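What follows is a set of notes on a single structure, which appears directly below.
Lettering: A, B, C, ... assigned in the same order as the sequence lines. Chain A is numbered as in the PDB entry; the shown residues are, in order, 1-330. In order, the residues displayed for chain B correspond to 1-331 in the PDB entry numbering, which applies throughout. Using the PDB entry numbers, chain C covers 1-331, in order. Quick note: numbers on chain D are straight from the PDB entry, i.e. 1-330, in order. First listed ligand is number 1; within each ligand, the first listed atom is number 1.
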Amino acid sequence: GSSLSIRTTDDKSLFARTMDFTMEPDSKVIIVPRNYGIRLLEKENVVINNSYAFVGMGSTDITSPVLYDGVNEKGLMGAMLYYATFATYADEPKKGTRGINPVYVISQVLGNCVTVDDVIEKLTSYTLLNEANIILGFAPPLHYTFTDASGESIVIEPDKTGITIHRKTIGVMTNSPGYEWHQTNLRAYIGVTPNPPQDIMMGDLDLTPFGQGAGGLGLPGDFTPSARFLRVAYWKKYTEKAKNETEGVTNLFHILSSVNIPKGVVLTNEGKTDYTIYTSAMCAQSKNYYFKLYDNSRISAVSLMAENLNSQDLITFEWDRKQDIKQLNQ
Amino acid sequence: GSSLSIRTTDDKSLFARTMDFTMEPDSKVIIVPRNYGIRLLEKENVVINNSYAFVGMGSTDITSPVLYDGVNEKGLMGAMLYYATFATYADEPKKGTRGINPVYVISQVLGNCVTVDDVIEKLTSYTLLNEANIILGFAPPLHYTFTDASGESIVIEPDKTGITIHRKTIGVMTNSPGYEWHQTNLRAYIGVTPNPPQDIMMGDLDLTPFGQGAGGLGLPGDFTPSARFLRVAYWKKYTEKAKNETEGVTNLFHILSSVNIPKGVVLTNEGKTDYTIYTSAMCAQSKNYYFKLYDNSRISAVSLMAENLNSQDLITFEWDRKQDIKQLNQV
Amino acid sequence: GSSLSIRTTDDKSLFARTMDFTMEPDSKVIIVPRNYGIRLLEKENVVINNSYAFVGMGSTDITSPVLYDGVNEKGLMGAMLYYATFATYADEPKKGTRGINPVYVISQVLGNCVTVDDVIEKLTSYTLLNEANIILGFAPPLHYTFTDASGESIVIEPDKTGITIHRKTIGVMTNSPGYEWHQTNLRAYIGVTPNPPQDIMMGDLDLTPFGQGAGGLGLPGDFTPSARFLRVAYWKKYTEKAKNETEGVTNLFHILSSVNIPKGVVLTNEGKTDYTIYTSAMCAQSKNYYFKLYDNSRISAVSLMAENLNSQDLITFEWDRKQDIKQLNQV
Amino acid sequence: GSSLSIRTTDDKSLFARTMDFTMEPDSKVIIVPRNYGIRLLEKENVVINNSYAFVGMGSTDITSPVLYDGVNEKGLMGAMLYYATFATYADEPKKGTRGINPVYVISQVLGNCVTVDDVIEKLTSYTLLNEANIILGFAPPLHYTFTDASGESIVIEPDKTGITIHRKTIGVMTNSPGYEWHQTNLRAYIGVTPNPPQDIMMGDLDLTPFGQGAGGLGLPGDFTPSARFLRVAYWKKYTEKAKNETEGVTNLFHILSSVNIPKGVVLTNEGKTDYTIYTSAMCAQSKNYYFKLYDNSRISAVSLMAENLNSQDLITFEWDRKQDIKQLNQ
Ligand SMILES: CC1(C)S[C@@H]2[C@H](NC(=O)COc3ccccc3)C(=O)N2[C@H]1C(=O)O
Ligand SMILES: CC1(C)S[C@@H]2[C@H](NC(=O)COc3ccccc3)C(=O)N2[C@H]1C(=O)O
Ligand SMILES: CC1(C)S[C@@H]2[C@H](NC(=O)COc3ccccc3)C(=O)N2[C@H]1C(=O)O
Ligand SMILES: CC1(C)S[C@@H]2[C@H](NC(=O)COc3ccccc3)C(=O)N2[C@H]1C(=O)O
């Protein structure tokens, strides 16, 4: 998948993520309220009490709410994205550390944390562990991005050297490899702009472009994580600033679109389709969650703030996998 | 912009296109009814009479309705797209031809034609002229694609040598250069697949890809016309066979999304921002014309087989330039 | 392979080409003298008589000398290169044409022609036939480039529609597809420059390139014909104006080096290894033909304006397939 | 520049390097014999006594022989290549370390070291220093590759974290960025082979390639260090094994050629040409040095073994910047 944060021009931070998977059963939008318990591991019993309510896209098939992204009531936003062959986990916690499940990292940070630093500290009392949840069958190689209300982003990744933190990132993350590497890849591609190369001659012949779009030459178009990072970064940089929160979601979906993967164009070596099952955006300041799906391109939205925050069970919706065409006449 | 037709499994032809421009003049959905009247030229009063009623996206700022694409009541779909530096027009009609404004051809084909050969034969009595319009300020360099209910597809292209007809096209079209050139560019990319590269060794070091989608390696990703064509064909090829009309409209919007241009990422020589104004799709069997827009990713649909098809007046629907977000709880 | 002509500042035209093949049959430098005799066809005994003597690389395994490229005593340079899937030949000559073996045209142009229009006009009396030879086993799909002492350049291309002449070419040619197609592909790469991209900021992070040569971003690097053409033209464009013949021969070999294929990096459908057998350059004003080879990066030169130009017999020079390393001290 | 080692099939290791610069005055091939002194710094006086004789391309304008590449008599081969914006140097040595000049690293390792491990050890009694030699005007951002007779390669690079060593590399190095990054870039490009993609159809149309060469699609062609690494790596991998030492030099020059830079096609922001001024190859087993230049494509060779190794002054040659065309007739 691919993610990014942007900064509205009326002091408002937004974060969006594409989920790319090989077939998505289930997954609703869950507001999880205060004082629900979120477990830490699955085969053992500790379950931290969340100070904060948050909301996002997740599962509900194991025993604590699993969230892939979300905003909590204090303006911190987050995602776990795949991260194949670079994710490393422990068997048992370290010294003065106790253990956590990759799939649980988000719920737990979003229920407890507010600043982006709060997340770096929280995550040195954690060692990630090699536990296979039943909804997949194994521990998804993951890495996490996060973004507080101020718009400062961070990437946390579980390498084999140990947990790697990157402060003050450019607010973009996709998938493997490490964020360090994508950030230096960016340089190879600085020539990719919105501006036309200027006309040339080859002897007597005059050479001018086929039409508009040529400043972009070099930018790869495949759906490889390295390219996906490249396009999301590069169209974040040049895309026009969003003046308001609605415009933010719109941009965020226009940029993600360049990396949105149709059914069938990417196969695995087993032979299943890898496609964009949904794509969402969240706002720090209003604590809104907006989302879109493969089978429907109408953004649905929940407001976390206008709900019973305090509050016996989780609140649920519930995917409309059907194209919501407005008929202007019958 | 960029286009293509696909065919579903319930025997249904569908054609979609994005429109890329530096600013929107007022456009709308326009239903043109039988016997309305469409000029050939802006400076002349000859007004040929449309046999058929149709529906598409168009302008209304000039004497007759101008359609960028759409579908008449006999299930013929088409569009005009930009075709810069290649498009050539006349000063006067060749002997035994009526002259025509290039912005008027879709209207005129869509009001009087049913099959693809109908359009081929129709443009023998025609000569594209160098006529301006008050909408843009000049005769825009265009070429045309068309797609009848059977699924066949063509490209009419006004070149320096004359009007060039390409028959049994793959049903994808972009902008310049000419259809044969793009059709031969496809060759240089046949190793763009949905499949993964095999693993290799470089000495004792093992190499396997970053995650996925490496079979696509070499597909360009910019928004030049020539890149768009590639994306649009290769992703047309591999995307899943659509099964119904609606899931057909989705596939089209997904395939087109790969070539949807956000504001600011493409600038002009005068630094105008070139972006996808709207995307539309239409169907031959239902005669339904769908569309989203830059600020509204919600699809609106218009049925044409439900209207006063012999109406005296145009039937039009204004743009909803407002992002139409559903509230799942009170927001 | 890949070719091009350049012009120096002491008013000298030079043409170089690489030859890419899956194995070398015996080839050599061949000086063909005036009045030698060159067949049109292998199965026929008509033997037209060469006005001019020339020199180039060729075979000797068939009844007449076969030249892949070279330069006659009137300073006309040329080559035949592969032209797969596009090249079309006859079964019989069109009315009022003598038939010819495609492998024989360079010989026949080089023995009887002086300027580029001479060659254009000459191939109106000609029809490429489908005639095999015992060297390769079949009529190879080819096209031809030519370059006279004035610097002008042309591409003769045997298409399905017929023989296609492109005049005032940029003087670069590769393999397929057709010259117009490559000439229009150049457009999609005009932002391949020797200049650095400007520095940018992405938020607060500063970006500047890895070292150098980033203006080249987007130039493909594979050994498809279409890539080679690009490399060869853009590096023809920017490389430094050569000042003399010899430094002219170097530039050519440098520009060609970018498209020189090492053994094993390109395989065939039957898995034959396709590699650059040799590179040659020749000059119009000196009538000197230069060449290195895969195993000998040392250039050997043959002067033609020093021989028995009316000799009864061929004059030939065997390949030195031995890397010719200088010993600066006793090695 | 760009470099690589290959392994002959008769138990013989060879290493070649392209030198890319913005104008090359001077530079001969220098055999430096045993018991010559090689300084360590330029403004201060320590000068280590070399156990071994070696030979390569270098300068002779400062006060100790500067070598860019070479082989010593014990079969170790080496190069310094540029390394812009990633090279970091100290002002003063560390603890138990004393100081060295980037330009001197090669002479000194090649005069003293035999195994590739010998080089890792030697280089933890060294801290590189910020001293501006007169032939350039400043300390060239450098990084070093090395290769012993056994064919095991290593890359040493001076990062800002400190000196970075990579063991058992793939035997390829160009320029920035770090070797770690190029090695993981390699994966993005595994699809680049010698084999044709197989034919496809688009509806009724048949699609087959323009001709031979299409397995290579994706490989970039620019002269950027990242691409240059990519081509040198990828054509090293697929190029046919060299059966003997002569064939080794030939391959090594056929592979380097793909990354050999013509005059004029690369400019700097000041506006000077950046071109390949020479390109050389060396053998572990025979201790031969072979070289080629921009203006001449005939390989000249020195044999280190057939010289006075022991031995008052340096031995010199001396560039023939003139195309050595054999005339087969006058
Ligand atoms: C005056 C313009 C800014 S608008 C007109 C025209 N159209 C567009 O920009 C619309 O999109 C394109 C789509 C494909 C190729 C070229 C352009 C074009 O080019 N134009 C510009 C130009 O020529 O500078
Ligand atoms: C089990 C799987 C079907 S899913 C897992 C992995 N990931 C995905 O499909 C998710 O999508 C990604 C897309 C790009 C980069 C990383 C991940 C992959 O490859 N996998 C497959 C595999 O080959 O085992
Ligand atoms: C001083 C210089 C002319 S040389 C220095 C640097 N390097 C080179 O020209 C050498 O060539 C390289 C080529 C590729 C990567 C790294 C180096 C560069 O850029 N430079 C120039 C600069 O811009 O200051
Ligand atoms: C029989 C062959 C291996 S040799 C013949 C022919 N030529 C080459 O491989 C020479 O190089 C080329 C140069 C440009 C385009 C195509 C080929 C070709 O293709 N051939 C091969 C084929 O068609 O498989």
Name the drug or drug candidate found at ligand 2.
penicillin V
List the chief contact partner of penicillin V (ligand 2) in this entry, with the name from UniProt.
Penicillin V acylase
Note the other chains with a heavy atom under 4.0 Å from penicillin V (ligand 2), by letter.
A, B
Penicillin V (ligand 2) binding site (4.0 Å, heavy atoms):
A:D20, A:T22, A:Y82, A:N175, A:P225, A:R228, A:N269, A:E270, A:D274, B:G211, B:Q212
For atom 13 (C) of penicillin V (ligand 2), which protein heavy atom lies nearest, and how many Å away is it?
A:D274 OD2, 3.5 Å
By number and element, which atoms of penicillin V (ligand 2) are closer than 4.0 Å to a non-hydrogen atom of A:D20?
10 (C), 11 (O)
Could you tell me which atoms of penicillin V (ligand 2), counted from 1 in the order shown, lie closer than 4.0 angstrom to a heavy atom of B:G211?
15 (C), 16 (C)
Test of proximity, B:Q212 against penicillin V (ligand 2): N or O pairs below 3.5 Å
yes
Tell me the organism the entry assigns to chain A.
Bacillus sphaericus
N/O separation below 3.5 Å, A:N175 to penicillin V (ligand 2):
no
Other ligands and ions under 4.0 Å from penicillin V (ligand 2): which ones?
none
Starting from atom 7 (N) of penicillin V (ligand 2), find the nearest protein heavy-atom neighbour and note its residue, name and distance.
A:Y82 CE2, 3.4 Å
Please identify which atoms of penicillin V (ligand 2) are closer than 4.0 Å to at least one heavy atom of A:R228.
13 (C), 14 (C), 15 (C)
Checking a contact table here: which protein heavy atom is nearest atom 23 (O) of penicillin V (ligand 2), and how many Å away?
A:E270 OE1, 3.0 Å
